[PDB]
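All remarks here apply to the structure that follows.
A, B, C, ... go to the sequence lines in the order they are written. Heads up, chain A uses the PDB entry numbers, so what you see runs 26-227, 233-285. Since chain B takes its numbers from the PDB entry, the residues it shows come out as 26-227, 233-283. Just so you know, ligand 1 is whichever comes first in the structure, and atom 1 is the first atom listed for that ligand.
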Amino acid sequence: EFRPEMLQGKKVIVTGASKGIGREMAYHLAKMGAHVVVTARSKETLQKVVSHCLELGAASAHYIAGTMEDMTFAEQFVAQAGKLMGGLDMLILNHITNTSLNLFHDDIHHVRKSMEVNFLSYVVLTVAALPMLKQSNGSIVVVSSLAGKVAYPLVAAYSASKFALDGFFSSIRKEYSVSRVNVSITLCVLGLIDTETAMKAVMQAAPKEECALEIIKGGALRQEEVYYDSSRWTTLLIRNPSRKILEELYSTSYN
Amino acid sequence: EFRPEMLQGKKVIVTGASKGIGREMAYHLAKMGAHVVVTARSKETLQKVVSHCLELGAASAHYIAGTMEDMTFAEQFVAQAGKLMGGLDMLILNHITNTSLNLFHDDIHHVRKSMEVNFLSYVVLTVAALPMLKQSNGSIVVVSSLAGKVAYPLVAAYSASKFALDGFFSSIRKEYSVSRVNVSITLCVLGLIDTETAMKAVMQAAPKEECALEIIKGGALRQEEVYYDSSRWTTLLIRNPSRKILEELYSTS
Ligand SMILES: NC(=O)c1ccc[n+]([C@@H]2O[C@H](COP(=O)([O-])OP(=O)(O)OC[C@H]3O[C@@H](n4cnc5c(N)ncnc54)[C@H](OP(=O)(O)O)[C@@H]3O)[C@@H](O)[C@H]2O)c1
Ligand SMILES: NC(=O)c1ccc[n+]([C@@H]2O[C@H](COP(=O)([O-])OP(=O)(O)OC[C@H]3O[C@@H](n4cnc5c(N)ncnc54)[C@H](OP(=O)(O)O)[C@@H]3O)[C@@H](O)[C@H]2O)c1
Ligand SMILES: CCCSc1nc(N2CCC[C@@H](CC(=O)O)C2)ccc1C(=O)NC1CCCCC1
Ligand SMILES: CCCSc1nc(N2CCC[C@@H](CC(=O)O)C2)ccc1C(=O)NC1CCCCC1
């Protein structure tokens, strides 16, 4: 049911687009002829991405460098991006703070930083974007992980942040349903992807290029969840039908 | 296989014990003859709770009033509590910041406060308690909710904080398994309970007295999860076998 034309002329923010899945998403949106605003801390890598976007046939491509540790930057970023495109059709929240695979001892500053960059900054970006997304009847895409659905050692702070995104966005999705806010929320559950970050930090990784295209497709098709894993078995097990029943058994009782 | 005597003479911290489930847990541990240290913001209420604990037959009962927004208080409390009892056998993390069941608009300070009180403070308390819990081969009890497993409207910040507890504690449980740290982690998934807080905020809720005894029982029996709900049907639906399989799929390795 997805057609690349669905993205032609669309106004899209992609966070964490200097590298990995983010950079790949920005390139796919460009090949489809969308207006893209990209961000990361690194100005020079961002520049290279923006020019390559214009080479692929993007309607427009821009960058705004900054840290998502700074909540005022998150706020002002959406404002300038919106100004550049004259509005916003899709918000792709994808960035993450640097983490290493390590046992948890006492790094409370690291738990805080992850919670700030990976979680609160997503909430702050959403609040800022919500008036524009309401106008266009837009979409919010939240890039999560299997580590944000299930428990693995070595990723406690990261898992906590990804789990937090599920609780927050999944609850606001129920609120938008009742409030009749026509803004879709897509949560992406990915397994290990072949990004240079992941490859160095860590089985069989899945291709970054297809992963990127799937995230966009899911968002465009207004899906609640998107699954992307190198295994058939893992994808079958990602789904939580009891959760759905539990959730739906409340709504079909009060609403 | 639970016996009340398993708690006799045991050293236990109970957070959020001025009211609700927390206060009830503190009373149950008191009837079993345990050493209890209780905490909350409310000093005059904690006093009344402590004296009632000693009336029920607690080996000792003490309190330390303070706010879990303050991370240094969280740190200081565990040392102070650990000094009072000469060690720690069980850590019951139960407190929550005040929330109302409203639609989310733009209250970022509220998302932050919930994340700090309901989540960060639990992590800070754990880090502080871990050396003592290692000595006794202790237990950490994390009080969560169904709203921390499943999605409901009107509780976004609260859900985020409860979901975060699951990811963090469930991952550290895997780390303690590989590191061979003999400290158990119990996550409690509760439905509505008949506490004044809940009866004011939001409805056939489950009794707080039995809820309180179950949390303790689960912790004592070193269970990974504890379920407590007024519905048998809901209870059946809480288990996630696919998650378990995905988790163990990795383990080997
Ligand atoms: N790769 C996998 O195996 C995998 C698996 C499951 C889920 N995911 C999820 O997929 C998403 C993309 O990950 P990825 O593999 O593409 O990782 P990545 O290559 O490390 O990309 C992270 C991006 O965030 C940026 N960033 C870092 N710190 C930042 C900060 N403080 N403020 C703003 N931006 C910051 C990075 O660039 P700068 O350094 O230029 O700031 C980069 O553009 C993440 O949400 C991740 O959790 C990935
Ligand atoms: N009752 C339910 O329907 C329900 C449902 C699911 C899960 N649960 C879980 O069960 C636990 C107990 O809930 P409850 O209904 O018994 O709630 P409660 O009566 O409101 O008790 C929460 C406790 O936390 C303390 N507290 C509040 N803000 C604090 C702060 N900033 N710093 C330190 N302590 C603070 C309160 O004391 P002060 O104001 O004196 O500080 C109180 O003793 C929670 O983890 C809750 O999520 C309950
Ligand atoms: C012990 C590794 C935990 S991290 C992690 N584990 C995942 N598992 C466990 C290993 C096998 C794997 C198999 C699969 O693809 O089905 C599924 C899947 C995704 C992540 C993840 O999002 N990793 C981050 C870490 C920080 C940097 C970004 C990437
Ligand atoms: C829409 C209400 C969401 S709050 C909430 N809902 C729960 N549900 C939804 C209603 C029906 C209920 C039925 C059940 O027992 O199976 C299951 C269960 C627990 C909570 C909860 O943790 N409550 C907190 C809120 C803040 C104050 C402290 C208590």
*Drug at ligand 4 from SSR504734, AZD3839, HCV-796, AZD4017, AMG-517*: AZD4017
*asked:* Could you tell me which macromolecule makes the most contacts with AZD4017 (ligand 4) here? Its name in UniProt would be great.
replied: 11-beta-hydroxysteroid dehydrogenase 1
*Neighbouring chains of AZD4017 (ligand 4) at under 4.0 Å, heavy atoms only*: A, B
*Which UniProt substrate-binding positions in chain B have any non-hydrogen atom closer than 4.0 Å to AZD4017 (ligand 4)?*
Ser170(B)
*asked:* So, looking at chain B, which of its UniProt NADP(+)-binding residues come within 4.0 Å of AZD4017 (ligand 4), heavy atoms only?
replied: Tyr183(B)
*Heavy-atom proximity of AZD4017 (ligand 4) to UniProt active-site residues in chain B*: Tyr183(B), 3 Å
_AZD4017 (ligand 4) binding site, heavy-atom cut-off 4.0 Å_ = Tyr280(A), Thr124(B), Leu126(B), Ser170(B), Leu171(B), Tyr177(B), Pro178(B), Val180(B), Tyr183(B), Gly216(B), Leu217(B), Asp259(B), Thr264(B)
